[PDB]
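Drug on board: vactosertib.
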Amino acid sequence: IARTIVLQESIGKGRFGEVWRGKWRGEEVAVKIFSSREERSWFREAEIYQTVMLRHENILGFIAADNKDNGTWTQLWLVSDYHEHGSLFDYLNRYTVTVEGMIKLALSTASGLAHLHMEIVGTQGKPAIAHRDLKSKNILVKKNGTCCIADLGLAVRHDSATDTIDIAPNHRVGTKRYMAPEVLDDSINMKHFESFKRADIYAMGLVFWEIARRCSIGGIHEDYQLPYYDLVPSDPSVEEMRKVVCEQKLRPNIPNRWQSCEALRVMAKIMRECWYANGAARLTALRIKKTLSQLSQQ
Ligand SMILES: Cc1cccc(-c2[nH]c(CNc3ccccc3F)nc2-c2ccc3ncnn3c2)n1
């Protein structure tokens with residue numbers, strides 16, 4: 001693995017470590033590199049990606065975890081598939097999409113989240129998994145115009161037999177802008193795994209809003225914005241978010257334009273039904289997938 005990979009170009013720094021474009025036997029791969037003092041972050045992400053039966057077309061393709069000693073210090077590596085478009089955030093900043101394109105991005109995202117969330121029962125069993133930091137910067141766009149989900153480092157895994165979670169969750173681990181109301185106000189019951197699934201759904205609703213803005217019909221579309229761009233600072237605090245989302249009870253604005261088009265009407269209805277304050281009221285990822293699959297056929 002690491003011995004035979006050559007780093008070519010720095011992509012960016014995430015929560016911990018740095019992502020690079022590298023070449024393995026001539027083929028582009030992505031490499032996330034951590035220092036020795038970040039071993040816990042590296043290990044936990046490696047552990048999630050090595051979950052039995054995890055691989056899926058809408059989850060980032062994991063190749064290997066490894067160590068590389070350069071002669072002075074040790075680097076801890078994760079290696080994955082490389083996607084030239086990069087993140088959905090980058091993609092939506094650079095491009096507009098068609099109705100077809102929008103549905104493909106939304107459906108693929110929902111399909112990946114439904115797979116994450118779904119327990120697969122059997123001898124080779126997959127636990128249900130919640131992401132805890134879903135956002136457009138953590139979703140990649142493939143050449144074929146579908147998405148796959150990345151940064152599984154903060155994920156939690158469910159044991160169905162006991163209704164327990166594999167780690168002891170801390171409060172408010174993810175990106176503040178995308179935190180669900182119950183995460184912002186700390187009312188979430190973090191002994192209840194379903195609560196983490198429901199919080200992911202709220203975040204996916206925000207991502208859908210980002211996509212729909214860029215859906216261009218007759219040359220008409222909105223400019224790229226992050227959710228709540230109109231209400232909070234860049235790099236918002238929990239308190240700034242809580243005042244908007246919990247107290248004033250605002251959600252991203254749904255433009256009037258989105259009523260002129262069946263696909264955009266279906267997307268807008270999904271968003272509203274991801275954004276309820278009470279997590280139990282929100283749609284499931286499986287139900288969103290079904291709705292978009294049917295829309296995708298019509
Ligand atoms: C497990 C693993 C290995 C290698 C990269 C990633 C990964 N982890 C994130 C998380 N997000 C992220 C990170 C840094 C900076 C900023 C961000 F938003 N992205 C990528 C990724 C993978 C493949 C790819 N191809 C083109 N870019 N690219 C990015 N994971």
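For reference, positions follow the sequence shown, starting with 1. Counting convention: from 1, in listed order, for ligands and their atoms alike. Structure determined by X-ray crystallography, 1.4 Å.
- The name the PDB entry gives to the main binding partner of vactosertib in this structure is TGF-beta receptor type-1.
- The binding-site residues for vactosertib (non-hydrogen atoms, 4.0 Å) are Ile11, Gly12, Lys13, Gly14, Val19, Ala30, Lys32, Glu45, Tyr49, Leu60, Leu78, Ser80, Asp81, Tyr82, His83, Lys137, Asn138, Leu140, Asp151.
- Polar contact with vactosertib: present for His83 (N/O pair, distance under 3.5 Å).
- Given atom 17 (C) of vactosertib, the protein heavy atom at minimum distance is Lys137 O, 4.0 Å.
- Remark: vactosertib atoms within the under-4.0 Å shell around heavy atoms of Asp81 are 23 (C).
- Near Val19, meaning under 4.0 Å from any of its heavy atoms, are these atoms of vactosertib: 5 (C), 13 (C), 14 (C).
- Rounded to 1 Å on heavy atoms, the UniProt active-site residue in chain A nearest vactosertib is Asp133, 8 Å.
- For vactosertib, the atoms lying closer than 4.0 Å to a non-hydrogen atom of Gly14 are 14 (C), 15 (C).
- Within 4.0 Å of vactosertib, counting heavy atoms, one finds these UniProt ATP-binding residues of chain A: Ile11, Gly12, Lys13, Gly14, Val19, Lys32.
- Scanning all protein heavy atoms for the shortest distance to atom 1 (C) of vactosertib gives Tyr49 CE1, 3.6 Å.
- What sits closest to atom 5 (C) of vactosertib on the protein, heavy atoms only, is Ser80 OG, 3.7 Å.
- Grouped by UniProt domain, residues of chain A touching vactosertib are mostly found in Protein kinase.
- Which parts of vactosertib touch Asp151 is read off a 4.0 Å heavy-atom cut-off, strictly below it: atoms 10 (C).
- The shortest N or O to N or O distance between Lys32 and vactosertib is below 3.5 Å.
- Using a 4.0 Å cut-off to heavy atoms of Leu140, the atoms of vactosertib that qualify are 21 (C), 22 (C), 23 (C), 24 (C), 27 (N), 28 (N), 29 (C).
- Nearest to atom 19 (N) of vactosertib among the protein's heavy atoms is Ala150 CB, 4.3 Å.
- Listed by atom number, the atoms of vactosertib under 4.0 Å from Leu60 heavy atoms are 2 (C), 6 (C), 22 (C), 30 (N).
- The protein heavy atom nearest to atom 16 (C) of vactosertib is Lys13 O, 4.2 Å.
- Residue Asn138 places at least one N or O, backbone or side chain, under 3.5 Å from an N or O of vactosertib.
- Close contacts of vactosertib with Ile11, meaning ligand atoms under 4.0 Å from a residue heavy atom, involve 27 (N).
- Atoms of vactosertib found under 4.0 Å from any heavy atom of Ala30, numbered from 1 in the order shown, are 4 (C), 5 (C), 22 (C), 23 (C), 24 (C).
- The PDB records the source of chain A as Homo sapiens.
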